[PDB]
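To start, the structure under review is shown below, and the notes come after it.
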Amino acid sequence: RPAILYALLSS
Amino acid sequence: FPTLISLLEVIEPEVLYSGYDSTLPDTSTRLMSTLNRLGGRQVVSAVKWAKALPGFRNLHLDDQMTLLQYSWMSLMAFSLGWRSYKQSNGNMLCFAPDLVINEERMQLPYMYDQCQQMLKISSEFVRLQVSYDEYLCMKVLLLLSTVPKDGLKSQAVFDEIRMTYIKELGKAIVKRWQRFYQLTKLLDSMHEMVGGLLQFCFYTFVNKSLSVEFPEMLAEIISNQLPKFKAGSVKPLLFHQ
Ligand SMILES: C[C@@H]1C[C@H]2[C@@H]3CCC4=CC(=O)C=C[C@]4(C)[C@@]3(F)[C@@H](O)C[C@]2(C)[C@@]1(O)C(=O)CO
């Protein structure tokens, strides 16, 4: 799982 | 009560600026590194667009992630195909207003082939005389067009979101069988046209000699995507067999 993309979607 | 088409209109990102300085000599390594940097930015813009997308937020995160990972290339190539269609009637790739790629600079090494594939998308817009509204609904359906073989977590919310935008494209056709048939086949051919850009992406990404730069955003997306395509666990949604 790609961390930046992941963090962007759960903001 | 404002139509979905008019919402799509207002969440549509304003085109990004590359900042390419064609004062320095054109080389294929530099130009590819610039495309990817402009690309990483376009993608952040597309995450904002997806988040503002009626319904998209109702998926589980694992789903929202899966879908942007599996369709980013399709989204950006589709928009680039549009930009080239509007701004130059499909003659030249309009990557940004400050970056156009004429066949002077298709003649650089590595560039011709990949620029042909991208123009192909552009010329389909030319063939079918796509509308702006047709394009917008089609672009959403692109986001929803590649899934894992094991399917999603929240398949249910997903099926109804695709249902909505299918209707919406329907509308867009008419506010302007055969038309809808043609456009959904255009969607189907995006997987093939995009598999080959993906393949060139993966080539540049892995090839040490070539030294092409990718931003950290992309690099992590591409790095996580490359194993899943190796395994062939990535499932295209097709309208037609
Ligand atoms: C053929 C491939 C496909 C290209 C991508 C096609 C889709 C796209 C459209 C844009 O407007 C911004 C950048 C991207 C998102 C992209 F143009 C760059 O990344 C460069 C790219 C990957 C490529 O040229 C390379 O892999 C060069 O590294």
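The sequence lines are lettered as chains in the order written, beginning with A. Going by the PDB entry, the residues shown for chain A are 17-27, listed in order. Going by the PDB entry, the residues shown for chain B are 529-704, 712-776, listed in order. We read in the header that X-ray crystallography, 2.3 Å was used to get this structure. First listed ligand is number 1; within each ligand, the first listed atom is number 1.
From lasmiditan, nemonapride, dexamethasone, the name that belongs at ligand 1 is dexamethasone. Counting heavy-atom pairs under 4.5 Å, the chain with the largest count for dexamethasone is, by its name in the PDB entry, Ancestral Glucocorticoid Receptor2. Other chains with one or more heavy atoms under 4.0 Å from any atom of dexamethasone: B. Looking at atom 6 (C) of dexamethasone, its nearest protein heavy atom turns out to be B:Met601 SD, 4.0 Å. Taking a cut-off of under 4.0 Å to the non-hydrogen atoms of B:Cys736, the atoms of dexamethasone that pass are 26 (O). Ligand-side atoms of dexamethasone in range of B:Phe735: 1 (C), range being under 4.0 angstrom from any heavy atom. The single protein non-hydrogen atom nearest to atom 18 (C) of dexamethasone is B:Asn564 OD1, 3.3 Å, given as residue, atom name and distance.
The protein atom (non-hydrogen) at minimum distance from atom 17 (F) of dexamethasone is B:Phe623 CE2, 3.3 Å. The ligand atoms of dexamethasone that sit less than 4.0 angstrom from a heavy atom of B:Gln570 are 9 (C), 10 (C), 11 (O), 12 (C), 13 (C).
Between B:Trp600 and dexamethasone, not a single N/O pair is under 3.5 Å apart.
Contact annotation for atom 27 (C) of dexamethasone: protein present (non-hydrogen atoms, distance under 4.0 Å). Protein heavy atom in closest approach to atom 1 (C) of dexamethasone: B:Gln642 OE1, 3.1 Å. Interface atoms of dexamethasone facing B:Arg611, defined by a heavy-atom separation under 4.0 Å, are 11 (O). Dexamethasone places these atoms under 4.0 Å from at least one heavy atom of B:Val747: 28 (O). Closest to atom 8 (C) of dexamethasone among all protein heavy atoms lies B:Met604 CB, 3.6 Å.
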